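Structure, as structure tokens:
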Number of protein chains: 4
Amino acid sequence: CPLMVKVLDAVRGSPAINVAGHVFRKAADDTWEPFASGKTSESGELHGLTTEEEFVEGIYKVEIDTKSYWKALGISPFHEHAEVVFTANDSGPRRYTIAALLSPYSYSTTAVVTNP
Amino acid sequence: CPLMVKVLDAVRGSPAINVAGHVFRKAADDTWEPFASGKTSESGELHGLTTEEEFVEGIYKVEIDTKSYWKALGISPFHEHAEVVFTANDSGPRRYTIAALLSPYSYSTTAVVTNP
Amino acid sequence: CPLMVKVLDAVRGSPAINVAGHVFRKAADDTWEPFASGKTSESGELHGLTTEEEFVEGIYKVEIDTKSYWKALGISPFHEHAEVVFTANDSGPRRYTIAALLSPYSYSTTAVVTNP
Amino acid sequence: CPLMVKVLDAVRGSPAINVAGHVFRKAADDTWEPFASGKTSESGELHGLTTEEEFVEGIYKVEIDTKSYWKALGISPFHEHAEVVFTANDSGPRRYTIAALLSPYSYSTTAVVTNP
Ligand SMILES: Cc1ccc(C(=O)c2cc(O)c(O)c([N+](=O)[O-])c2)cc1
Ligand SMILES: Cc1ccc(C(=O)c2cc(O)c(O)c([N+](=O)[O-])c2)cc1
């Protein structure tokens, strides 16, 4: 899996389960083309989004629906979502983990990029 | 100052100076309408973006040009930019500080929301 | 103010008010000698800890009583406290802001170091 | 493994490899007794620190030698180390992942605590 998304809850100290994630790729006309989507598992991880052959060079956007996560816990959070936009595979194929750490009024995101 | 943006550099341990930030309000057609912009000061701060009168309820986006910042420092960055999207003033007017802490492969954002 | 500590609450999106902070300097015997202390203000800030004269080179520790803060809010915390240990003034006197962003199961700390 | 430590580098977007970690447990006399140590693998993970039977209730300290990590990369970082202090197993045995995300002038730490 060349693209994985992991989401953690900094209030409970747990994986953030059942969080929707949507991936888009910038098209030649500069629009955001839907690329993949899913929801986080019990481990907070969203696997199986793409394959090495489909995950070509390009600019990708990962949008994590953090607002729905907090709202289901009774909380009205600050952010509408957490979005991560990045160029992928510019130097050849890589494996990307996009990790997000969520609090109601703050989030952090990191990328772990490895060479297979 | 109903809206302030502060940007910090976690590599140098300093304010992130001369970082462009652009503010948008979501339009009725779901498009992003540009609202205000500026460059961070020597303290990392972007002041004077809006006024109490103009900063009505709505969904707002702050886009921080983190890629140009890292490029100017000669450091390879992961993200194309950092975006913060939030609903403003849903329970009355508030003063918002959006703080962003930047590293080349990670960023975090927090909101400090105080009632005047 | 050679040394300032600022504490923010990522759950409420506010300064963390009335948080105790204690500052220590490492002694020749490697023990921690208490140096200064205070409680964060309504802006989350602990000012007036030390002076230019007293804040000589050395290794310093700031201990933030995060557990008492979360307990006062009725929220279960993970950490006993948050500690920040750093060598100060190794290349001349600097002004240090130690910023801590608190969640119940996570914290982050950053230093903003500026040369007067 | 009831206790795992994971360390990531936010500058390079990579696991932080070969980082020393030391674990201590608070003794009945209030001293810090050495409990386990190791170094992070190529995945940034330190496994095999303890067993469920040995990892009894108590207050534990995990000290990560972040300064040596940065110094080996040519960087003089702000922090001397990253230390995490927490009560473990107060409600029965749990599995703890202590994750640290490192930059030269900032770090963040989170706990992911799961029930086996
Ligand atoms: C680790 C971390 C991340 C974000 C914040 C943070 O949100 C913040 C907010 C401020 O109003 C402010 O003045 C500063 N500061 O000056 O350093 C930081 C504080 C700490
Ligand atoms: C404070 C912080 C923020 C983000 C990360 C982080 O990026 C990360 C990445 C992983 O692949 C991973 O498995 C975990 N984890 O399980 O805890 C965390 C690590 C620490």
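Order of the sequence lines sets the chain letters (A, B, ...), proteins ahead of strands, with each chain counted from 1. Heavy-atom basis, side chains included; hydrogens, waters and symmetry copies ignored. Order of appearance sets the numbers: ligands from 1, and atoms from 1 within every ligand. Method reported for this entry: X-ray crystallography, 1.2 Å.
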Which named drug shows up at ligand 1?
-> tolcapone
Please name the chain that forms the largest contact set with tolcapone (ligand 1), as given in UniProt.
-> Transthyretin
Which other polymer chains sit within a heavy-atom distance below 4.0 Å of tolcapone (ligand 1)?
-> B, C
Name the closest protein heavy atom to atom 9 (C) of tolcapone (ligand 1), giving the residue it belongs to and the distance to 0.1 Å.
-> C/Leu8 CD1, 3.1 Å
Which of the listed options, C/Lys6, C/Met4, B/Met4, holds the heavy atom that is closest to atom 12 (C) of tolcapone (ligand 1)?
-> C/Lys6
Which of the UniProt-annotated residues for L-thyroxine binding in chain C lie within 4.0 Å of tolcapone (ligand 1), counting only non-hydrogen atoms?
-> C/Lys6, C/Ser108
Give the other ligands and ions closer than 4.0 Å to tolcapone (ligand 1), with numbers and names.
-> none
Per-atom contacts, tolcapone (ligand 1) versus C/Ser108 - under 4.0 Å to a heavy atom | 1 (C), 2 (C)
Which protein non-hydrogen atom lies closest to atom 7 (O) of tolcapone (ligand 1), naming both residue and atom, and how far is it?
-> B/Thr110 CG2, 2.6 Å
How far is atom 20 (C) of tolcapone (ligand 1) from its nearest protein heavy atom, and which residue and atom name does that atom have?
-> C/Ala99 CB, 3.5 Å
Around tolcapone (ligand 1), which residues have heavy atoms within 4.0 Å?
-> B/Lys6, B/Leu8, B/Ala99, B/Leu101, B/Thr110, C/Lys6, C/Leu8, C/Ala99, C/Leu101, C/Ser108, C/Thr109, C/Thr110, C/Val112
Report every pair formed by an N or O atom of tolcapone (ligand 1) and a protein N or O atom separated by less than 3.5 Å, giving atom names and the distance to 0.1 Å.
from                 : atom 1 : to     : atom 2 : distance (Å)
tolcapone (ligand 1) : 11 (O) : C/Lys6 : NZ     : 3.2
tolcapone (ligand 1) : 13 (O) : B/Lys6 : NZ     : 2.8
tolcapone (ligand 1) : 13 (O) : C/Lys6 : NZ     : 2.9
tolcapone (ligand 1) : 16 (O) : B/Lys6 : NZ     : 2.9

